[PDB]
A.B. asks: 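This is the structure I have questions about; it appears just below.
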Protein chains: 4
Amino acid sequence: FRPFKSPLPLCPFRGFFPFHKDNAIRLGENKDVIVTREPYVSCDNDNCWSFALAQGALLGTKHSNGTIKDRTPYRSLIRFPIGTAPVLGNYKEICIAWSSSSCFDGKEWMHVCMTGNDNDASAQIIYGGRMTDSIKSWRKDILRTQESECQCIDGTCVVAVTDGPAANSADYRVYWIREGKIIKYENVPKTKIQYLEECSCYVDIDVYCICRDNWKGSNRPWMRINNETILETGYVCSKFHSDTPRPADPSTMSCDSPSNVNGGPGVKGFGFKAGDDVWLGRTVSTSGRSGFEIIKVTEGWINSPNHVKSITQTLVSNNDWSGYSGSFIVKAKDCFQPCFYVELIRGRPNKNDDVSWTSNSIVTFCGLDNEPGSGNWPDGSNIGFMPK
Amino acid sequence: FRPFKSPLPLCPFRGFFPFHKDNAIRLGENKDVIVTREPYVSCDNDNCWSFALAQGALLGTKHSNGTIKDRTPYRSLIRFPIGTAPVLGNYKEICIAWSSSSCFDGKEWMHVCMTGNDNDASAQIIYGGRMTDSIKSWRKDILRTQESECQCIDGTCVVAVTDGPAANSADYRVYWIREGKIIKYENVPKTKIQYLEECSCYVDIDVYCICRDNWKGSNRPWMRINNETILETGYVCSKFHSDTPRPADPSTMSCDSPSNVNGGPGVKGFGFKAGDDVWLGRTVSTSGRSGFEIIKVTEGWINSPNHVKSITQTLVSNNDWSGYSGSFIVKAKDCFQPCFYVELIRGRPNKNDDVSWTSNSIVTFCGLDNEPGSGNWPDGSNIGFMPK
Amino acid sequence: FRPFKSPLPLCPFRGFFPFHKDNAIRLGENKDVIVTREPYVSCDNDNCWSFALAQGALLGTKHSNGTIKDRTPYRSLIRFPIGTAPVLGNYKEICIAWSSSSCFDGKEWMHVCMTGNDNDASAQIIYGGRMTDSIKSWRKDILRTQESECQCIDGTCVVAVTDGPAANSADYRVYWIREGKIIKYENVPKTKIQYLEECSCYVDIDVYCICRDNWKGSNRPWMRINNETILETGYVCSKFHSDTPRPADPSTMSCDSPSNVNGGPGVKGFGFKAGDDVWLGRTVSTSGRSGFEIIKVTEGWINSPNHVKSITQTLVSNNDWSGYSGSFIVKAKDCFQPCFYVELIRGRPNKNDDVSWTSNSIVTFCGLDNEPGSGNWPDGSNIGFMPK
Amino acid sequence: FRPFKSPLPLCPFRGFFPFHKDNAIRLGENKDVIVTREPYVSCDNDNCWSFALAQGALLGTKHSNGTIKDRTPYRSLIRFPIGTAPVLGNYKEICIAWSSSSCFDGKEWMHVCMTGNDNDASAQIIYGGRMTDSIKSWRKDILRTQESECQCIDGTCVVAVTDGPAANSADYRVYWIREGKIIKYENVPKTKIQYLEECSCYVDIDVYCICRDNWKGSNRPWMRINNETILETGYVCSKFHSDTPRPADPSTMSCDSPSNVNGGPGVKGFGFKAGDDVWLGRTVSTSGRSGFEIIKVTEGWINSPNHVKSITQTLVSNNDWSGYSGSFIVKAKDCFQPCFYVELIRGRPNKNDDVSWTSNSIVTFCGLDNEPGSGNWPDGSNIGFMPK
Ligand SMILES: *[C@@H]1O[C@H](CO[C@@H]2O[C@@H](C)[C@@H](O)[C@@H](O)[C@@H]2O)[C@@H](O[C@@H]2O[C@H](CO)[C@@H](O)[C@H](O)[C@H]2NC(C)=O)[C@H](O)[C@H]1NC(C)=O
Ligand SMILES: *[C@@H]1O[C@H](CO[C@@H]2O[C@@H](C)[C@@H](O)[C@@H](O)[C@@H]2O)[C@@H](O[C@@H]2O[C@H](CO)[C@@H](O)[C@H](O)[C@H]2NC(C)=O)[C@H](O)[C@H]1NC(C)=O
Ligand SMILES: *[C@@H]1O[C@H](CO[C@@H]2O[C@@H](C)[C@@H](O)[C@@H](O)[C@@H]2O)[C@@H](O[C@@H]2O[C@H](CO)[C@@H](O)[C@H](O)[C@H]2NC(C)=O)[C@H](O)[C@H]1NC(C)=O
Ligand SMILES: *[C@@H]1O[C@H](CO[C@@H]2O[C@@H](C)[C@@H](O)[C@@H](O)[C@@H]2O)[C@@H](O[C@@H]2O[C@H](CO)[C@@H](O)[C@H](O)[C@H]2NC(C)=O)[C@H](O)[C@H]1NC(C)=O
Ligand SMILES: *[C@@H]1O[C@H](CO[C@@H]2O[C@@H](C)[C@@H](O)[C@@H](O)[C@@H]2O)[C@@H](O[C@@H]2O[C@H](CO)[C@@H](O)[C@H](O)[C@H]2NC(C)=O)[C@H](O)[C@H]1NC(C)=O
Ligand SMILES: *[C@@H]1O[C@H](CO[C@@H]2O[C@@H](C)[C@@H](O)[C@@H](O)[C@@H]2O)[C@@H](O[C@@H]2O[C@H](CO)[C@@H](O)[C@H](O)[C@H]2NC(C)=O)[C@H](O)[C@H]1NC(C)=O
Ligand SMILES: *[C@@H]1O[C@H](CO[C@@H]2O[C@@H](C)[C@@H](O)[C@@H](O)[C@@H]2O)[C@@H](O[C@@H]2O[C@H](CO)[C@@H](O)[C@H](O)[C@H]2NC(C)=O)[C@H](O)[C@H]1NC(C)=O
Ligand SMILES: *[C@@H]1O[C@H](CO[C@@H]2O[C@@H](C)[C@@H](O)[C@@H](O)[C@@H]2O)[C@@H](O[C@@H]2O[C@H](CO)[C@@H](O)[C@H](O)[C@H]2NC(C)=O)[C@H](O)[C@H]1NC(C)=O
Ligand SMILES: CC(=O)N[C@H]1[C@H]([C@H](O)[C@H](O)CO)OC(C(=O)O)=C[C@@H]1NC(=N)N
Ligand SMILES: CC(=O)N[C@H]1[C@H]([C@H](O)[C@H](O)CO)OC(C(=O)O)=C[C@@H]1NC(=N)N
Ligand SMILES: CC(=O)N[C@H]1[C@H]([C@H](O)[C@H](O)CO)OC(C(=O)O)=C[C@@H]1NC(=N)N
Ligand SMILES: CC(=O)N[C@H]1[C@H]([C@H](O)[C@H](O)CO)OC(C(=O)O)=C[C@@H]1NC(=N)N
Ligand SMILES: [Ca+2]
Ligand SMILES: [Ca+2]
Ligand SMILES: [Ca+2]
Ligand SMILES: [Ca+2]
Ligand SMILES: [Ca+2]
């Protein structure tokens, strides 16, 4: 017997530390590795796992040509041991998906898997390996979800879902799902948030989600959610913005609205509220998906004149390609430890990655209440060595 | 301790949804994948699994040349994680077989494995990994079985077996097997059914099997069976036929006899009785093994003037190759969920598949009481990229 | 908790049936498969396993050239799922060995592993993964053992071991080992047996071993052993001999001495006593390692004028290569089922196998009290397709 | 429930015996095997495991070129089944590391993983898969650790760590870690030891560590440690030295100070105290990393005029390449069995290994209270067959 996961507080932390790294592109030089993108990490009672949307092809084969394409019937959510490259001999196929979320509720895994036509997609809910429920596209425009782990509290899992156009008004919802059965949903209030997608969520008593506004906000939209309802919404107050593209530091403090500058197209990212402060992941570049750093902004969670970047950890240099990033948690004793992954995209459309495919490797970091050192942990592939 | 599976009713459902897809041919471009055909799916308490008849060769190697051939000593029933491509690093070999069935009784797996000479084949019964019993060919003409999962009720498993010619009178039996020991068999009554093979079965209180008449019936033969005996037999009443080849819709309503038109050679397929209605899988083409759709026919299970196709889901376009299809079930709480797989055959003798081998990938769908979206989930291989 | 295996009788049987087949050479065409020889099978509570002496090289690579060689430091006993080809992604390395035996005592696995110099080899005893004891070569001439499964009764395992020359007088012993600790050994009486090696053993209340005389006996030497001592010895009385080479049928009935004809070099083989009768495996050829058949000889276990071959099953045609064969058992309820494997050697020095390496595949059969069909289950490799 | 490992005495032993060997370089000829170095072995309740620092590349691929380099962001501690070659289909990635230690406390695994910049590295402590603590470089000069298994007593694990220059005064510490949390550390006393790194440790009631002085000592520094503190320190008294390089036998008896001759650069090695005697591993060559032998020196642990090499086992000939070696233990009933591994380095900078990469295979031996035979168990690769 295992109990459902509880509403634990986030553990104390003062810096982030290198955890697992798969080096998947380097290891894929001889065409062993499955083409992926939109990876993430999620853990059960016994293991943390890598997840990613595979492309139904091996890296460097003819079928990998053109895998920049976002949605195909040949994409599946796959799972593989954390920090290992995904290969045919180690992967598990979770469901057919070109958008996904996964989370463990203390007893079983839940997955949310979108596939099908852009104008008529459906999300399949998997629980304990069984398809238990589904969501039918209601705006008929690329029904989609987090691309990182959802969160579960006392047996009820919470997941953010979007249907509708990019860079215009769309529908944003949270779904509450228990043992694979949809209990209810809520349309996210639009009093503050104007656009939300690709939420990166964690638990600190309640579920916090920090997401991607691909329309008018260079600042990130966020929600606080419990097992019953959405409790609060906003944009991250920090005058230092964390989407990509975005304005140079310092920019506007916008707690209640999109920054109305450099709003599109954005990238999936994450942050962690800490007291009145906030930690924010972001690309080093303000324009492109290169580099990765994480900053701590004093009073960055609140309306304040005192925002300052107290800490900056540079984890992937600006000379290296990054991509999506997302939060995951690991249960410590009586608190949840904040961790995150960074997708390191290689191939199209990256400048000078002269290959026909698009894929990624993974690197991960976890938070400790200790002072970190410094380093650089990029993809590390010599793109010239690779099968094109 | 685990109890034997019970005689549960089928769960309510109103459409089918994409589950797992292996993309095995695409992933086999670099010769990692085992050549297979006649795949199916079956689940135990903890996992669903892919099964298939391997050909003792890797796809695209010289030994894969000529694998259109149905029966060789080098064919084995293999098992691999559901939705994964079968590779040497992930497969398990269950038994030597060129025809098979597998099912889990709640405690252990049973398999039925035919191999040997066409005129002197034997079926090996495996239970919990041990060879426990066997069936000796009695008509001496390709003793053979379902090529999809059998069914077990309160510890007694039921499996359909045929011995004798194709497109002429043969012998059809059901065998009852408990803990791997043959309890009894029955010759299927020929009052209605004139030919039966390759049964696709599921549980809805009793076992229902919908099978393949390769002789005079474009409609599918069926049986209702319990833990002791065959209870009913017939052909599916639906005036919309579901074998391949078959007449164009609408055709004859034949509840009690073969349609006596477009009877051969047929293809393995499946259906689900639902009240007085019936769901039927079928190729899109009325002549060839291309496309896959599933229809719901109002009152299609009974003798009625009111048959109509209330629903048609097109899951694989007619421009794509299909093949065999079969039912499997997944235990929900107090009901069994209806699912099915579709074999996507590539290679010989398919027109324009210019390779020397014959193999397949898999796609699967499960039934939910929700409205589906729409999509297309074909093999997806560019046959031109493949090692011939 | 699991009890130690008990002294069960052999189950009734009247023929042998195809079980698992790995097709390892066919599947090794693309250099994925580990080079092996001297395979065997042994089972624990939950699985049967393939074992073999690997050669520390992949089939078809430059390091596989010359693997006809019997003993090197690069040979390890490896284990892989039964009926699968041994590959880097599925194998386990048990110990360094160029001669081995393995058996499961009901709780844990024991292995006996010989390696080192011909004139100073030692056998390592492994129990539950730990090296627990050892045997030092005492005749200083290729200390060696069964190359098939040993047997364990009420926690005491029995294994036959030889040290000394081939085709001359050597030392033969049985060792009793409990939880990996050597309890005692006995020098095999030489009142009847003149040479013994490579014993194939099973349990029928007591342990029976049928072995290889590589000196003067075309008939096979045998022993009956319990948890304490050797109880009986002899040669198989059957006037139909079962070593290779051997005289044509019928030959001499020699219950108490080597036949004194066609004695060398012999091949590992097996048999099963059944009442006063005996089942004997043997190559089809009387001179070479080609084909495989199993015969039942009426009264073949005893001194009698009534020996006759009541049954002959031809399992591998004489046009196909065979090799070693050995017994293993599978617990049925209150009896042990007799099974056997056949090593199918390909490569050097086989005539017309034009490659530089030597390896093998595996096929297995189990006994049932049912009438068998007929078939042929050879290696199946087109040696011309293989990397040399 | 499993108890924490106890302070057991070392088991009696009088020689070492071949255990597991992976033949990883031979098996890597077709580019399947992960490039590694600094391997070791450590066991839990159910299995012994191989560990090594991978290089984020497959052997023989372009990314393997230049892997002589010691520290990169693409190095991870990986785990794979003992005696198997590390491949993508069997490995687990434990953490990002270019220096590591691992040990099992009876309940869970702990790992210590150093990565990042040379002048600002940090060690991540992993316990039960979760990052639980860390050590920040304090001398800012390649914070580093054992490269073999740590040891745990009654739930408290002990690990030796160094920060500072090579061939000059550095800082050496022991850390005590419980359930992944650092309890305390101690600076190693410098009353006797002048330099310590790469400790090879085992348990004999207390923890004994025999390490590498890379400065002034051709004799090896050692410590005796319990769950609370460092109890004793010294250099191995044996007038026969065991670092590499070192003086020819016999050299100085230096129980309390470095030999002050042939002190650098040294190699990781191990030994076992036995009564007043000591067993010492060492390369056969006194100058290079070739060959491997283990000696027993009578009274070699103490100050005595009676040191003599009572036993010499030559396990890898001087014509073969060796490398690092380290101790590990296996629980026997009420004692710990002493075992060790030897890293067999191939590639740069080894003379005549004409390839661009640097990697290794593994061989292992365990101690028994029996007389051994003799043999030779080198890497066995024909470097000429390998992809460069
Ligand atoms: C949602 O969970 C609560 C229990 O969790 C607490 O309340 C949540 C709203 C949130 O604030 C958490 O952080 C809190 O820890 C459930 O409330 C329980 O309901 C049962 C049955 O009525 C009752 O016996 C308990 O006393 C309640 N527990 C508490 C602490 O109030 C609530 O039922 C959950 N809602 C759903 C829809 O599952
Ligand atoms: C990646 O693929 C492109 C496109 O390939 C073509 O279209 C595909 C859908 C498929 O049908 C292929 O068979 C086609 O070749 C390649 O670009 C083509 O290259 C060919 C051969 O040099 C050239 O004749 C065409 O004009 C190109 N077509 C286009 C639209 O650019 C490209 O070479 C592939 N990249 C790699 C690294 O192989
Ligand atoms: C077959 O199973 C029945 C129990 O299942 C019920 O009866 C079947 C025929 C079928 O209609 C199912 O859907 C039903 O749920 C067994 O009947 C039991 O037998 C035992 C022993 O005699 C008796 O104690 C119980 O009362 C019976 N149970 C019921 C509900 O009647 C029957 O034994 C099974 N037959 C075989 C050969 O195994
Ligand atoms: C697939 O195999 C066929 C047949 O191969 C021949 O017969 C086999 C049983 C085996 O013995 C092979 O060695 C033989 O080559 C191939 O067709 C043959 O191709 C060869 C060479 O071009 C030609 O000389 C023969 O006439 C052909 N034989 C026949 C009966 O057609 C075919 O090329 C193979 N396909 C692929 C993609 O390689
Ligand atoms: C060997 O096993 C016997 C028990 O097995 C029986 O005797 C064997 C010799 C063999 O004939 C088997 O087939 C039989 O089933 C052990 O005898 C037991 O010893 C214990 C302790 O003295 C005693 O309490 C039991 O009564 C004995 N059991 C019987 C049936 O006699 C014997 O100890 C074993 N010897 C060793 C060395 O382990
Ligand atoms: C299998 O190997 C033999 C022998 O290889 C030679 O000796 C080995 C130990 C090793 O040192 C190799 O590098 C040597 O090549 C091969 O036979 C040799 O082939 C070469 C090249 O054609 C020839 O010059 C030598 O005379 C041969 N030596 C002998 C003793 O025959 C043989 O070709 C290999 N087989 C295959 C299929 O590659
Ligand atoms: C360290 O372990 C001891 C128990 O182990 C013994 O003492 C060690 C110092 C070492 O000498 C071992 O080989 C010995 O076996 C712990 O001592 C126990 O402490 C508890 C709580 O105070 C007490 O109830 C027991 O009586 C003590 N046991 C003994 C045998 O003295 C000690 O607590 C451990 N220290 C730490 C920091 O964990
Ligand atoms: C191993 O690599 C070296 C170096 O490769 C060069 O530098 C690397 C960092 C990378 O940028 C590569 O693309 C470069 O080629 C190889 O040595 C080079 O070989 C090339 C081609 O022959 C030659 O023109 C350069 O002068 C060489 N550079 C140096 C510094 O020596 C070497 O060939 C590789 N080894 C193998 C076995 O391939
Ligand atoms: C469902 C879907 O296709 N989501 C997209 C996504 C999307 O286009 C934008 O967020 C706008 O809505 O962006 C990104 C892109 O890297 O920005 C990759 C995704 N790829 C996949 N999830 N497959
Ligand atoms: C035992 C056997 O060989 N069964 C056949 C089968 C058969 O020929 C017909 O159903 C007529 O009886 O049809 C099909 C074919 O795709 O229609 C493939 C099978 N291949 C295998 N099961 N191996
Ligand atoms: C230890 C050893 O090398 N045993 C031999 C063996 C042996 O030479 C004879 O039985 C004579 O004693 O025969 C055979 C051979 O196939 O006949 C293969 C073996 N190969 C291995 N077991 N590695
Ligand atoms: C952390 C680190 O880089 N340690 C080194 C090491 C080191 O340079 C010396 O011991 C001197 O301090 O020596 C050796 C070398 O083989 O002697 C390999 C190591 N490689 C790795 N552990 N990655
Ligand atoms: Ca934005
Ligand atoms: Ca038909
Ligand atoms: Ca003989
Ligand atoms: Ca491969
Ligand atoms: Ca030194």
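So that the names make sense, note that chain A is the first sequence line, chain B the second, and so on, each numbered from 1. Just follow the structure's listing: the first ligand is 1, and inside any ligand the first atom is 1.
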A.B. asks: Give the name from the PDB entry for the chain that makes the most contacts with ligand 11.
C.D. replies: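 Its main partner is Neuraminidase.
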A.B. asks: Hey, what drug is sitting at ligand 11?
C.D. replies: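 That's zanamivir.
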A.B. asks: Which other chains have one or more heavy atoms under 4.0 Å from any atom of zanamivir (ligand 11)?
C.D. replies: C
A.B. asks: Can you sort out which atoms of zanamivir (ligand 11) are near C:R75, meaning under 4.0 Å from one of its heavy atoms?
C.D. replies: 23 (N)
A.B. asks: To which protein heavy atom is atom 11 (C) of zanamivir (ligand 11) closest, and what is the distance rounded to 0.1 Å?
C.D. replies: C:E197 OE1, 3.4 Å
A.B. asks: Just which atoms of zanamivir (ligand 11) are under 4.0 Å from any heavy atom in C:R289?
C.D. replies: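 In order of number, 15 (C), 16 (O), 17 (O).
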A.B. asks: Near C:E147, which atoms of zanamivir (ligand 11) are under 4.0 Å from a heavy atom of that residue?
C.D. replies: 22 (N)
A.B. asks: Is atom 1 (C) of zanamivir (ligand 11) near the protein, in the sense that some protein heavy atom lies at less than 4.0 Å from it?
C.D. replies: yes
A.B. asks: Who's the nearest protein heavy-atom neighbour of atom 3 (O) of zanamivir (ligand 11), and how far?
C.D. replies: C:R71 NH1, 2.9 Å
A.B. asks: What is the nearest protein non-hydrogen atom to atom 23 (N) of zanamivir (ligand 11), stated with its residue, atom name and distance?
C.D. replies: C:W98 O, 2.7 Å
A.B. asks: Check zanamivir (ligand 11) against C:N214 and write out every atom of the ligand that is under 4.0 Å from a heavy-atom position of the residue.
C.D. replies: 11 (C), 12 (O)
A.B. asks: Identify the organism of origin of chain C according to the PDB entry.
C.D. replies: Influenza A virus
A.B. asks: Out of all atoms in zanamivir (ligand 11), which are within 4.0 Å of some heavy atom of C:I142? Include the element for each.
C.D. replies: 1 (C)
